[PDB]
Asker: 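I'd like to ask you about the structure that follows.
Quick note: numbers on chain A are straight from the PDB entry, i.e. 600-634, 638-772, 780-896, in order. FYI, side chains are in, hydrogens and waters are out, and symmetry mates aren't considered; it's all heavy atoms of this structure. Indexing begins at 1, ligand by ligand and atom by atom, following the structure's order.
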Amino acid sequence: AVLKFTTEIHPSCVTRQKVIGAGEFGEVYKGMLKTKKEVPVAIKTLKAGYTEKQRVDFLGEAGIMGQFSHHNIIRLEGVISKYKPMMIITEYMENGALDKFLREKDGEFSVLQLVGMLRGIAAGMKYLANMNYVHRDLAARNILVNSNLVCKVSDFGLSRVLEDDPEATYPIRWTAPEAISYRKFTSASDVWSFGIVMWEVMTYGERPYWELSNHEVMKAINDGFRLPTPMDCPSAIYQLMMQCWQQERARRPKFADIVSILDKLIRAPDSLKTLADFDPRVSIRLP
Ligand SMILES: Cc1nc(Nc2ncc(C(=O)Nc3c(C)cccc3Cl)s2)cc(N2CCN(CCO)CC2)n1
C-alpha cells in the first residue's frame, strides 16, 4: 500500500556515475535523474538473488520515506521496482554523512552554524516522532548534509536499520539505558540519542566516550557519569544535551522542547556566547 505513494522511475531516466556507499547486497551511487535538465540524485541498488526479507526491507525503506514531507528528512524521488536491479532514488546530499563531514571540516564553522545544524536535526526528529516513527539509530553517521548546510535525517526502515549498521553490536553508546536494558525504543530514547548527536556536532565528530568499551560505557552511565562539555560549547547547549541524558525517560525534553529552545537561542544568538567551562585534560605551565 505504501509503495503506491512512490513514483516508479524508468531505468532510462537514471545514470549511475560514482559509488559513494557500498555493502554486500548493493551500492549507493551519485547519479543523475532525467524526468528541466537532469538533476543530481543518490541511487541505492539491490542486487539480484535478494531474498523476500531483503526485498521487503529494501522497498520498505522507500515506503516509509514516501510517507514523509519535511525539510529535514531525506526526500524520495522514486523507485525502480519493475526492472532489475531494483533501486531507490533520493535527493543527493552533496556533503555526505555528518560525522565524516565534521571530522573533515574540524573548526571550520561558527558556533551559530553548528547550532543551526542541530535545530534542523531536531525539527526532523520532532516530525518523525509526531508521525509515530521511532528512529532507533539516531547518530551523526545517519544524518546527511547538503550544500546549504541543511542536515536531514536518513536511515529508515524496520529491522534493517539496526541490522545494517556496523556500530550496532550484539550501537550501545548512542542508545538510551531503557532501550539497552529492556528493549524499550521510543521517541524518548531517540531524544537520548539526539543528546549524543549534539555532543558529536559540537566536538566536530569526536567519538562518544572515546576508547571506553561498551560495557564500560553502560557502567559509567548507570553510575551517573555523563559526557563532559565540548570545547567552546555554549552553556545553554551543554545544559540541553545533559537533560537529554536523564536516566528517567519522563524527565527528558521532548523534541518539541528541543526545537523551541534551539530556535530561541538562534534568534538571540548572543545567548550562545556564554560558554560552559571546559575541563582541561592537559596542564601547560610557562614561567
Ligand atoms: C555516503 C555519501 N552520501 C552522499 N550523499 C548522499 N545523498 C543521499 C544519500 C542516500 O543514501 N540516499 C538514500 C537512498 C539513495 C536510498 C535510501 C535511503 C537514502 Cl537516505 S547518500 C555524499 C557522499 N559524499 C560526498 C562528499 N564526499 C566528501 C569526501 O570525503 C564524501 C562522499 N557520501
Asker: Of all chains near ligand 1, which one has the greatest contact count, and what is it called in UniProt?
Answerer: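 Chief contact partner: Ephrin type-A receptor 2.
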Asker: Among ribostamycin, apixaban, darifenacin, dasatinib, perifosine, which drug or drug candidate sits at ligand 1?
Answerer: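 That one is dasatinib.
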Asker: With heavy atoms of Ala644 as the reference, note each atom of dasatinib (ligand 1) found under 4.0 Å away.
Answerer: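 In order of number, 7 (N), 8 (C), 9 (C), 10 (C), 12 (N), 15 (C).
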Asker: If you count the atoms of dasatinib (ligand 1) from 1 in the order shown, which ones are under 4.0 Å from a heavy atom of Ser756?
Answerer: 20 (Cl)
Asker: Can you name the atoms of dasatinib (ligand 1), numbered from 1 with element, that are less than 4.0 Å from a heavy atom of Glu693?
Answerer: 7 (N), 8 (C)
Asker: Could you check which UniProt-annotated ATP binders in chain A have any non-hydrogen atom under 4.0 Å from dasatinib (ligand 1)?
Answerer: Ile619, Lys646
Asker: For dasatinib (ligand 1), indicate whether the residue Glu706 contacts it via side chain, backbone, both or neither (heavy-atom separation under 4.0 Å).
Answerer: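 Just the side chain.
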Asker: May I ask you to identify the nearest protein heavy atom to atom 24 (N) of dasatinib (ligand 1), giving residue, atom name and distance to one decimal place in Å?
Answerer: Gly698 CA, 4.0 Å
Asker: Report yes if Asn697 has an N/O atom closer than 3.5 Å to an N/O atom of dasatinib (ligand 1); otherwise report no.
Answerer: no
Asker: Specify the UniProt domain of chain A contributing the most residues to the contact with dasatinib (ligand 1).
Answerer: Protein kinase
Asker: Tell me which part of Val643 gets within contact of dasatinib (ligand 1): side chain, backbone, both or neither, using heavy atoms under 4.0 Å.
Answerer: neither
Asker: What atoms of dasatinib (ligand 1) come closer than 4.0 angstrom to any heavy atom of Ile690?
Answerer: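 So the atoms of dasatinib (ligand 1) that pass are 15 (C), 16 (C), 17 (C).
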Asker: Nearest UniProt active-site residue in chain A to dasatinib (ligand 1), and its heavy-atom distance to 1 Å?
Answerer: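 The nearest UniProt active-site residue, by heavy atoms, is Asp739, 12 Å.
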Asker: Does dasatinib (ligand 1) come near enough to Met667 that some N or O of the ligand is less than 3.5 Å from an N or O of the residue?
Answerer: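 There is no such contact.
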Asker: Just which atoms of dasatinib (ligand 1) are under 4.0 Å from any heavy atom in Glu663?
Answerer: 17 (C), 18 (C)
Asker: Looking only at N/O atoms, are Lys702 and dasatinib (ligand 1) under 3.5 Å apart anywhere?
Answerer: yes
Asker: Can you tell me which residue and heavy atom of the protein come closest to atom 3 (N) of dasatinib (ligand 1), and the distance to 0.1 Å?
Answerer: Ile619 CD1, 3.6 Å
Asker: Tell me whether dasatinib (ligand 1) is touched by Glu696 - counting only heavy atoms on the residue side and a distance under 4.0 Å.
Answerer: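 For dasatinib (ligand 1), residue contact (heavy atoms, under 4.0 Å) with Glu696 is present.
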Asker: Just curious, which residues make up the binding site of dasatinib (ligand 1) with non-hydrogen atoms under 4.0 Å?
Answerer: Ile619, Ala644, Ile645, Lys646, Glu663, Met667, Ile690, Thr692, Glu693, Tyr694, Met695, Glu696, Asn697, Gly698, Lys702, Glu706, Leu746, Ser756
